[PDB]
K.L.:
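Structure of ABBV-323 bound to Tumor necrosis factor receptor superfamily member 5 - open in front of me now.
Going down the sequence lines, the chains are called A, B, C, and so on. By the numbers in the PDB entry, the shown part of chain A spans 23-176, 181-186. Numbering of chain B is taken from the PDB entry, so the residues present carry the numbers 1-220, in order. Note that chain C is numbered according to the PDB entry, with residues 1-130, 137-219 shown in order.
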Amino acid sequence: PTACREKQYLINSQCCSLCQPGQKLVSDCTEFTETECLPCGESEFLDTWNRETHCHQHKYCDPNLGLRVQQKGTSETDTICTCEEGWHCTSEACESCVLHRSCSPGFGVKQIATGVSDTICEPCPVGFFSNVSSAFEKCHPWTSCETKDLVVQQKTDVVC
Amino acid sequence: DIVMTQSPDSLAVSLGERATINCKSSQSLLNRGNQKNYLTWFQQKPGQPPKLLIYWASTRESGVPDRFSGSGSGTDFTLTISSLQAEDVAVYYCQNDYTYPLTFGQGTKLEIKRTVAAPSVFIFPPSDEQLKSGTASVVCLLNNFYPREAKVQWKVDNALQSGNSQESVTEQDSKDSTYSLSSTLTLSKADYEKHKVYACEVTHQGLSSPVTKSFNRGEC
Amino acid sequence: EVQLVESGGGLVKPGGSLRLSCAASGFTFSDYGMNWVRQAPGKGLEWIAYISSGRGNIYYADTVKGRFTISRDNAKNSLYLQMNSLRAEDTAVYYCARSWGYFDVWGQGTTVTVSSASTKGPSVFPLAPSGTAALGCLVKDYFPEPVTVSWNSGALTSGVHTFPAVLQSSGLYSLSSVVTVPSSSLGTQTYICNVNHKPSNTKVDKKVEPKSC
């Protein structure tokens, strides 16, 4: 005898409309007036069908950290950063830039980098693993548990 | 650094036909978040800041005539001007609007093809005031002609001139689509005073025969 | 109205310094990102600097990195460009442009010439007449670009062609400005080309009357 869509939310017994990605909320929808939204600021954003009344601050890609802009900040997405031709993002979040490489899942760090030696990676043996790419983490070992339901590869842990 | 290569560099299109300007980017201009291609189109008229035409590759800015249609996606984009008008003569730029540094295409000079129009030719003697400075500028004006190809020839007492002339052109007219041309023969006062008959001989597709404007030094 | 009015351009010696201003009006300057785009003479458009609307985020083209610093004054409604350690490739028209995702309002354009050479006002010489007649003005030997030519103070526009300036061996600029007028209006109507060269603060008004032999 009633419904509620996926781009709507429930408030005050009425099913109101969420603001589209990029628009913030100004006031809530009533019986006879719908939700009023407003676009974000030139320097702001919002990822989602939302009901927030403030937008998010845009990511700055700082050159003093070696950061370039990979994709511009738009109303509906955040600024994406990356690094110069020979550099690496420290993590996926790419907060700054490094020259040292990181071992990928399946490998662990034998030797953290120093001076002009790059990080030294070895493959994880039986039974050790690495589920992340990292410049610091070595292979940690699998749980030696009771009910072995799934075996472990190397880059995943024994799930029991 | 993303690189926009427009195509062609120059384009000559008849009045009321369709103009196609292509643009290719070294990278994808596609934002996965909002499914928009960040490709902007601009129209820059002679000595004027660019006017914005189309953004997000196909959204016509408010005010712009619907003849101007942006399209394309991925790496290949296209600007289409249907039913071309005389006021559409300008350089057109595609811009990467996807990331910094914001990079423009190298431009596409659009010319309007009209019917053949013949120049009106005028000649001007060098003023007595300029002769004190020791040089004589003889100017020849070709007024309101199409196409650009026009041949001025300078004769000094019927002897053909070489190297001492410079031609300069106006921008194709926003209303009547014609060119204007000045040809300036630069001579020393001594050399100017040594000869008598100064003549400008002009040929153009729209003329039947050469047109010669002349004047005699000292006579008038 | 929606306006952007540059100022500050001109001639400056290499290594010298310049500060362009941009006077915003007719919209809420705070709400917008601001940019500088330049255009080398006879060349294309080049984006050089950007300042965001909020935290005031700043990006440059690599070619001005270090030397040029973009800034704003929301309180005074103005965008600014500190150019330092100027090279000859910095000679261009500098375009102010607002942005809310895309450039949509641009400035007048202001010319910046980086040159060792010195300012010179023009000599204005008459191109005198002999249905329609043609007269003009020969604007010669000035530096740097631009001059601007009008006729009868702007009260004459029909038929006026002002050709682009040409650089000569002398290192000085020359151009002609011509106008077509009925040959009847020749003893009656008086014609004056108004040559204004702001770089040297010269204004020349030359009156072109036919030559009587």
K.L.:
Could you list every ligand or chain that corresponds to ABBV-323?
P.N.:
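Check chains B and C.
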K.L.:
Just wondering, where does chain A come from, per the PDB?
P.N.:
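Per the PDB, it's Homo sapiens.
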K.L.:
Write out the epitope of ABBV-323 on chain A; use a heavy-atom distance under 4.5 Å.
P.N.:
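At the heavy-atom cut-off, the residues are A:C62, A:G63, A:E64, A:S65, A:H80, A:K81, A:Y82, A:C83, A:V91, A:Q92, A:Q93, A:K94, A:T96, A:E98, A:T99, A:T101.
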K.L.:
Considering only heavy atoms, which residues of ABBV-323 are within 4.5 Å of chain A?
P.N.:
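The heavy-atom paratope of ABBV-323 is B:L30, B:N31, B:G33, B:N34, B:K36, B:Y38, B:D97, B:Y98, B:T99, B:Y100, B:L102, C:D31, C:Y32, C:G33, C:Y50, C:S52, C:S53, C:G54, C:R55, C:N57, C:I58, C:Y59, C:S99, C:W100, C:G101.
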K.L.:
Retrieve the molecule name assigned to chain B in the deposit.
P.N.:
FAB Light chain
